[PDB]
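Order of the sequence lines fixes the chain letters, A, B, ..., with proteins taken first and strands second; residue numbering starts at 1 for each chain. All values below come from the heavy atoms of this structure, side chains included, with hydrogens, waters and symmetry mates left out. Just so you know, ligand 1 is whichever comes first in the structure, and atom 1 is the first atom listed for that ligand.
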Amino acid sequence: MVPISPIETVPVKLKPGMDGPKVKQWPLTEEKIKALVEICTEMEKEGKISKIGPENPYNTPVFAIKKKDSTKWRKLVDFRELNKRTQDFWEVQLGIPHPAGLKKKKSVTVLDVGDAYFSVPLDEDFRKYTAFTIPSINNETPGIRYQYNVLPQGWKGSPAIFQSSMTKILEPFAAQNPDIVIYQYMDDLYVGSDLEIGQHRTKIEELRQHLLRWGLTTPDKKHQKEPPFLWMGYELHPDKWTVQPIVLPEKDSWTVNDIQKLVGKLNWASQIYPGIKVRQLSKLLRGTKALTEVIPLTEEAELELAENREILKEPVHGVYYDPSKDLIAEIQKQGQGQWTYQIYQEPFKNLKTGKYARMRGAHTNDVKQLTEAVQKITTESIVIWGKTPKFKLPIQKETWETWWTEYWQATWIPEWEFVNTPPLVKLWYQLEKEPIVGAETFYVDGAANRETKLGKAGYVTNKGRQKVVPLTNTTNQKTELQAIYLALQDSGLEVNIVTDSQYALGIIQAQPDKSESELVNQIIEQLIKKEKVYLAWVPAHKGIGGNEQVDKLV
Amino acid sequence: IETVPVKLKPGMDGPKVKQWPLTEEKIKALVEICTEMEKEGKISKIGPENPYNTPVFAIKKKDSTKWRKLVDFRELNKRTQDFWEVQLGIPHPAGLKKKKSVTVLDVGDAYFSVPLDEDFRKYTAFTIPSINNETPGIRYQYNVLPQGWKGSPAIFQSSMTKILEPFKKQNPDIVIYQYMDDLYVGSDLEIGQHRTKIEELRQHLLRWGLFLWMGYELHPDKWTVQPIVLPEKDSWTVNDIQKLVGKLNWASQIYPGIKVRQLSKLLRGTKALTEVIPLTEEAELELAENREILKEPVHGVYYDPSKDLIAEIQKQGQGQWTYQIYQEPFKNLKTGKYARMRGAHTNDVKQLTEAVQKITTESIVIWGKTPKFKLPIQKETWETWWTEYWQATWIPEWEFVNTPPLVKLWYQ
Ligand SMILES: Cc1cc(/C=C/C#N)cc(C)c1Nc1ccnc(Nc2ccc(C#N)cc2)n1
């Protein structure tokens, strides 16, 4: 007997205020019982479970399911109730590594460690809560009672406890062997290195020797798994990665579900296939919520899909990360609030790609969208590579400077450079900071009756020019905007406009270049055509002449 | 050698706050720091049976090349039972804001000498993440009072109280105030001796049992405050008068006696904006009366210790920023203006981050607590970058303003 180090148990507790499960065992057929008795007999002989006295008051239902119509049976202990009462654990699985962040490896060996799983003892004081009962033949004797000694499959804490136990064992090996990487997924350990293969195989034997100190043995065979690997929807190869085959189905008619499925595939594909578009297809799902409801494909969407099938025509792979080189992120504007990007280190060899869609909102502008895309890429990059990439953006350095020095909010974009690839992001208009000498002054105003919804919009100018237009189905806010629009329409290339609308100023000072309001869009089109515009604000109902509210008070 | 028991507020469980993305440089710094803290018994590795978490990151104090671990205990602090100390509540020192000089000292290290109640340790869990989540995050929990936690100064108070008795009895005029990991020491002394007392103080602390070498000098006596001012001109255009009436209309919400009727009269008619308008005597007198009203303090302004302090900031351009601190709208308790060049000639966001720390510091000195900020920036931009420029050991709360306030210019 060679002494082995025991595996420390994790102390587990039920949620505060809760007791163990007391669920009634289900009636089973004579056939299933003999099967369960046989099954439990060896488990017991194997140390996994132990017979318990009548004292224990807890219970969990055990079942028997035939195996794909085999000669064998399998036991299923349903821990759903115990799981609802078991404490929460730290789940280290959240946020999986992204392939573009991985490093290329010459070799990646796989080791089966499913057996090690049963060397992990379950906290002695929690064992009682795992009690179960194999009914007796004909219910004429007491059912056989057992409780677990090891992590039960299906129990809430098994995955976290198994992983943390294996990690603690592996820790010193990883630390003292910096030339290898170890990753656990399910019942396997994946060990990779760039070592001359002889030395790599030696490292594997050392790992098996290390694990034996806890009496954990490994198959001593050549695991079936070898590069490439199918993992979390990706294909990992020694020096490249890609997403698993994306197949867009041919269809004569699509339903809400089919489209949600399609968009899911396109989104997954967009991380390496450049240009993928999903706006025209996504908007079709605007409040449908009926999986079966067949929706007709707009010609706009039929076009987007055809463009995507083209992009998905042939396989595309991304390369792995080389810590010794800079990271570059290039962005392009696609239109309709869509943006696309590529992250690479060497020209034409993307590590990954991606897209960004503008946020929901009444008014927006291209510079703000570009900024949001930059922030999103920056954060993703910190997660995957731990650093910010250098950016290549379709906006002139001069345009950016004019924008941020004049914008009312603080804003920032990290180290970047202009890349001249249309369409370029630009500022479409810029209001004056001071009144224009020589330019006609338009005093505008609008008002609407809250009940009748009737209103008026208009202006009076220093040259005696005047206009008042009657409006229906309107509000104070819309008449205020209409008044400004009339002034822009009827003035020359330079104009001074005086308004008392805090609402209209709130919008224009936000500098939108596009809006969900056709009225605001018409105003933007006029601002773009003018040479100079000064917009002045004054308090309403304060006896400021030109403030011709009277014309619109009827 | 013994620990004072601690518990969470009734009906509240420990924090479970996600760890945000960390740069490679900050991860390496934290791995090195925690490895030494673990060896010294300050923290211990934890198992999967601890599901709690508080974010951690790293910073560099004002001009220091050495990384400092900083745990964001904002959540734990609002969930940790109010630790009213034996002090019955040390009345905030009103004299601190009046001192000629105030140095800020980082005494957070002292905390690590006092053990933390074993049953509360689980709630201080934190994670050092790995780049691309390639390896399991390193999990730890504190065994001693942690820096940044609300209950640390509270529990260490009694120890600090007697640690300073000597220095305090021999210097009964010096004001010493403690907020979280910082010690504020103020005295009217000539900056040269003021410093002697300070360095003496830390040598008096280092000897007493405990990077305390750093110092941060503030001058409350030379602090920023702002009255409302109107333009003085020889020729007023229609536009100048429109801007004045607008500003006066805004001010009338703060000062009840403000009038614009006589000035508004000048604006009757549809005149060219650049046309010069001569002021009548009635309008001139009205402007004069308003100027006088604006030289008097605001009526009914008082601080209430049970109410939150609110701080608003406006970007004025060219590196200038204005701000106001109040509890009730239009009842400003403090207003100010900054224009600073520590490193952000061309970085809006660094400037705002520095303005936020300066305002918080002023707030701690004056009222002994931090304000809630209304920041003129998009949430995404702020959250992506503020930690890159942070240099304080505390962290205030903040919210975002997405609509341009019309009152921007009136404050500059
Ligand atoms: C996340 C991960 C998943 C698997 C695999 C899980 C599965 N199935 C295998 C390993 C070894 C790792 N860990 C790391 C860590 C750093 N670089 C890499 N690079 C890397 C990994 C696999 C291949 C290949 N072929 C090439 C390079 N892998």
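Going through vinpocetine, clindamycin, finasteride, rilpivirine, the drug at ligand 1 turns out to be rilpivirine. Against rilpivirine, the chain with more heavy-atom contacts than any other is given by the PDB entry as Reverse transcriptase/ribonuclease H.
Other chains whose heavy atoms approach rilpivirine within less than 4.0 Å: A, B.
The residue-level binding site of rilpivirine (heavy-atom cut-off 4.0 Å) is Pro97(A), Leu102(A), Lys103(A), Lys105(A), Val108(A), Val181(A), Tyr183(A), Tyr190(A), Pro227(A), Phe229(A), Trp231(A), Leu236(A), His237(A), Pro238(A), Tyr320(A), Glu134(B). Near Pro227(A), the atoms of rilpivirine lying under 4.0 angstrom from a non-hydrogen atom of the residue are 25 (N). Among the atoms of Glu134(B), none of the N or O lies under 3.5 angstrom from an N or O of rilpivirine. Nearest protein neighbour of atom 19 (N) of rilpivirine, counting heavy atoms only, is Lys103(A) O, 2.7 Å. Closest to atom 4 (C) of rilpivirine, if we only count protein heavy atoms, is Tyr183(A) CD2, 3.7 Å. Listed by number with element, the atoms of rilpivirine under 4.0 Å from a non-hydrogen atom of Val181(A) are 11 (C). Entry name for chain B - p51 RT.
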